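Throughout, protein chains are lettered first and strands after them, A, B, ... in sequence-line order, and every chain is numbered starting at 1. Both counts, for ligands and for their atoms, begin at 1 and track the order of listing.
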Number of protein chains: 2
Amino acid sequence: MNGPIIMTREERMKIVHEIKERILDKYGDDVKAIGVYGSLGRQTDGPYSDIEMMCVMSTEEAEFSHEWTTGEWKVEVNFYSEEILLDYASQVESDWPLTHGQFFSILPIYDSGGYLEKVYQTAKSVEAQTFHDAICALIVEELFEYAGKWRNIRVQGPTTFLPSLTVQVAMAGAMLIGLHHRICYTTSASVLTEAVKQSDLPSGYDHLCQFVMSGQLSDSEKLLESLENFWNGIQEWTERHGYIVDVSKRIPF
Amino acid sequence: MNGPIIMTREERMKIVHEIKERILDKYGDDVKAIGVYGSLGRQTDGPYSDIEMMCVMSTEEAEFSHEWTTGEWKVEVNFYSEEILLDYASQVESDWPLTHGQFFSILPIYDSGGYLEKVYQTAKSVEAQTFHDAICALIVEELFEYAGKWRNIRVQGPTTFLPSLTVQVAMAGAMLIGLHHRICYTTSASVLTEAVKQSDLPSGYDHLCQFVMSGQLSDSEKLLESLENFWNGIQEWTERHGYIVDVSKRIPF
Ligand SMILES: NC[C@H]1O[C@H](O[C@H]2[C@H](O)[C@@H](O[C@H]3O[C@H](CO)[C@@H](O)[C@H](N)[C@H]3O)[C@H](N)C[C@@H]2N)[C@H](O)[C@@H](O)[C@@H]1O
Ligand SMILES: NC[C@H]1O[C@H](O[C@H]2[C@H](O)[C@@H](O[C@H]3O[C@H](CO)[C@@H](O)[C@H](N)[C@H]3O)[C@H](N)C[C@@H]2N)[C@H](O)[C@@H](O)[C@@H]1O
Ligand SMILES: Nc1ncnc2c1ncn2[C@@H]1O[C@H](COP(=O)(O)CP(=O)(O)OP(=O)(O)O)[C@@H](O)[C@H]1O
Ligand SMILES: Nc1ncnc2c1ncn2[C@@H]1O[C@H](COP(=O)(O)CP(=O)(O)OP(=O)(O)O)[C@@H](O)[C@H]1O
Ligand SMILES: [Mg+2]
Ligand SMILES: [Mg+2]
């Protein structure tokens with residue numbers, strides 16, 4: 001295929017409406033509400049942008065999505081039960097700052113009873129603890145691991161992975177930041193640029209983002225240290241912020 | 001937190017057994033099989049490598065875990081009811097090649113009745129169609145998606161995401177090859193190197209990987225330009241292999 005074509009918000013929107021009409025002809029009374037999320041729902045959609053949408057079903061245990069292309073453009077429509085969506089909107093995870101911005105950006109197209117605010121609010125009312133736990137997990141389950149792989153790279157190679165790991169790591173810290181600050185990033189592309197602006201940034205972070213953002217990830221000696229510094233900027237940050245991981249137990253269970 | 005320290009197979013293996021015991025004292029007869037995977041499992045383990053285990057159980061409602069650190073080390077145990085896991089062994093996703101290697105790389109430490117083979121038989125007893133659909137989905141849900149992005153980037157930005165995007169693309173096309181060649185990667189760091197060793201490469205990938213593996217991601221113009229070609233490489237390749245998706249319908253449902 002020729003890939004994604006240039007379109008206009010106006011064109012995009014007609015599609016939105018076309019699809020909306022189809023959802024209702026098909027499900028009818030089973031449809032509770034329909035929304036536009038992403039760049040479009042934000043009204044910041046670019047020329048090559050896609051259309052993501054989310055639909056709220058009456059129908060229980062409902063969880064499906066329909067994603068397609070016409071060669072020229074692509075669409076994605078997710079359908080959920082009113083429950084399934086709420087629960088989901090209530091989940092803070094390692095990529096929450098990436099995933100959950102979708103709940104504060106909905107562009108309502110059809111609501112039979114304010115389902116869309118409900119959603120938003122729910123997303124909006126997350127307990128602080130939840131975010132803490134999520135930072136903690138992210139460290140054990142993620143940062144730690146990368147730490148290992150990068151220390152082995154030094155040791156036994158390969159550095160052909162170094163450029164890719166760094167990015168992963170650059171990202172990881174950003175989710176770290178966001179979970180900390182209860183922020184969701186605009187898009188996936190604004191992630192680095194927005195993370196590097198926040199306040200209580202771990203020592204070594206910005207410097208790493210430098211590398212990752214400039215594209216100069218060719219010198220593995222340097223990249224090695226940054227990761228190193230960052231990790232240390234982290235051990236600290238955690239202490240001072242209270243996200244202290246339980247190391248104690250050799251056998252957690 | 002000192003982060004992963006230097007270990008040896010002996011050390012590792014020592015914990016594995018200790019772990020092996022808690023599980024046995026802890027779940028006893030509900031434990032059908034305990035095994036080891038990862039770098040350890042193959043014994044390709046390194047100084048700073050981690051521990052991955054997996055245990056099968058008779059319990060119906062089984063699908064839980066335990067990941068932890070002590071400050072210098074990480075362990076990761078996965079519990080599953082044989083049904084669930086088997087089921088998962090035969091699940092081909094866009095990332096099956098990164099992921100499914102686990103089902104092959106097993107190091108059996110305990111097994112009441114060859115469950116660890118069933119799982120292996122199962123993982124390798126997956127249908128070509130299944131992989132055929134995997135490919136189609138990637139392209140749409142992903143490839144096509146990355147295409148607009150790098151496009152929009154060419155027109156509005158931002159370049160600070162170019163590097164990172166490119167890595168994403170490279171990973172994915174790699175997924176493509178594996179799914180193409182019922183291949184699985186040993187590990188994460190070997191993905192690329194290994195992938196580019198394949199035959200039927202889509203026109204463009206190799207070059208593209210060279211930038212990612214090298215870290216010479218500073219050149220914008222040169223990237224987008226190496227990405228587009230890749231895209232076109234795809235367009236051809238799929239037509240050659242028959243990874244063809246029907247784009248006739250504007251609204252396919
Ligand atoms: N063996 C597979 C890996 O599975 C889990 O890892 C974590 C996932 O990766 C996380 O996902 C995050 O990181 C991904 C890249 O890994 C990104 O794509 C994603 N956007 C991020 O949110 C997810 N949220 C939690 C989960 N614990 C294990 O814990 C880890 O030990 C292991 O290595
Ligand atoms: N907006 C989020 C995206 O959600 C789905 O996309 C897909 C996920 O992204 C995939 O995950 C891949 O990307 C991860 C992150 O890099 C990698 O860790 C992983 N190895 C990859 O397989 C997953 N396997 C299938 C799923 N359909 C939508 O289809 C797509 O429209 C949208 O863009
Ligand atoms: N795994 C995931 N990755 C990225 N975004 C995710 C996501 N889970 C949820 N989201 C949300 O869903 C949206 C997905 O749209 P994307 O296709 O990633 C690009 P976009 O940010 O909408 O802008 P664009 O269309 O102009 O490129 C994100 O903006 C984000 O709010
Ligand atoms: N997202 C994912 N990333 C990496 N491996 C994944 C994975 N999902 C499943 N796996 C599988 O589970 C294993 C866990 O791998 P990791 O813990 O990330 C490092 P490793 O491949 O064991 O080598 P290493 O520890 O010496 O660096 C992998 O070898 C892979 O086969
Ligand atoms: Mg979008
Ligand atoms: Mg490992």
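Found at ligand 1 is the drug kanamycin. Within 4.5 Å of kanamycin (ligand 1), most heavy-atom pairs belong to the chain that UniProt identifies as Aminoglycoside nucleotidyltransferase (4'). Chains with a heavy atom under 4.0 Å from kanamycin (ligand 1): A, B. Per UniProt's Mg(2+)-binding annotation of chain A, a non-hydrogen atom lies under 4.0 Å from kanamycin (ligand 1) in A:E145.
The structure places no covalent bond from kanamycin (ligand 1) onto a chain.
The nearest protein heavy atom to atom 13 (O) of kanamycin (ligand 1) is closer than 4.0 Å. The distance criterion of under 3.5 Å between nitrogen or oxygen atoms is not met by A:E93 with respect to kanamycin (ligand 1).
Close approach to B:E76 involves these atoms of kanamycin (ligand 1), each under 4.0 Å from a residue heavy atom: 31 (O). In this structure, atom 24 (N) of kanamycin (ligand 1) has a protein heavy-atom contact shorter than 4.0 Å. There is no protein heavy atom less than 4.0 angstrom from atom 3 (C) of kanamycin (ligand 1). Judged by heavy-atom distance, the UniProt ATP-binding residues in chain A that approach kanamycin (ligand 1) within 4.0 Å amount to A:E145. Among the UniProt active-site residues of chain A, the one closest to kanamycin (ligand 1) by heavy-atom distance, rounded to 1 Å, is A:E145, 3 Å. For kanamycin (ligand 1), one of its N or O atoms has an N or O atom of A:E141 under 3.5 Å away.
Contact annotation: A:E142 has at least one heavy atom less than 4.0 Å from an atom of kanamycin (ligand 1).
Residues in other chains coming within 4.0 Å of kanamycin (ligand 1) by heavy atoms are A:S94, A:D95, A:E141, A:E142, A:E145, B:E67, B:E76.
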Protein N/O near kanamycin (ligand 1) N/O, under 3.5 Å, which pairs?
residue              : atom   : partner : partner atom : Å
kanamycin (ligand 1) : 22 (O) : A:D95   : OD1          : 3.3
kanamycin (ligand 1) : 22 (O) : A:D95   : OD2          : 3.4
kanamycin (ligand 1) : 24 (N) : A:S94   : OG           : 3.4
kanamycin (ligand 1) : 27 (N) : A:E141  : OE1          : 2.8
kanamycin (ligand 1) : 29 (O) : B:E67   : OE2          : 2.5
kanamycin (ligand 1) : 31 (O) : A:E145  : OE1          : 3.3
kanamycin (ligand 1) : 31 (O) : B:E76   : OE1          : 3.2
kanamycin (ligand 1) : 33 (O) : A:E145  : OE1          : 3.0

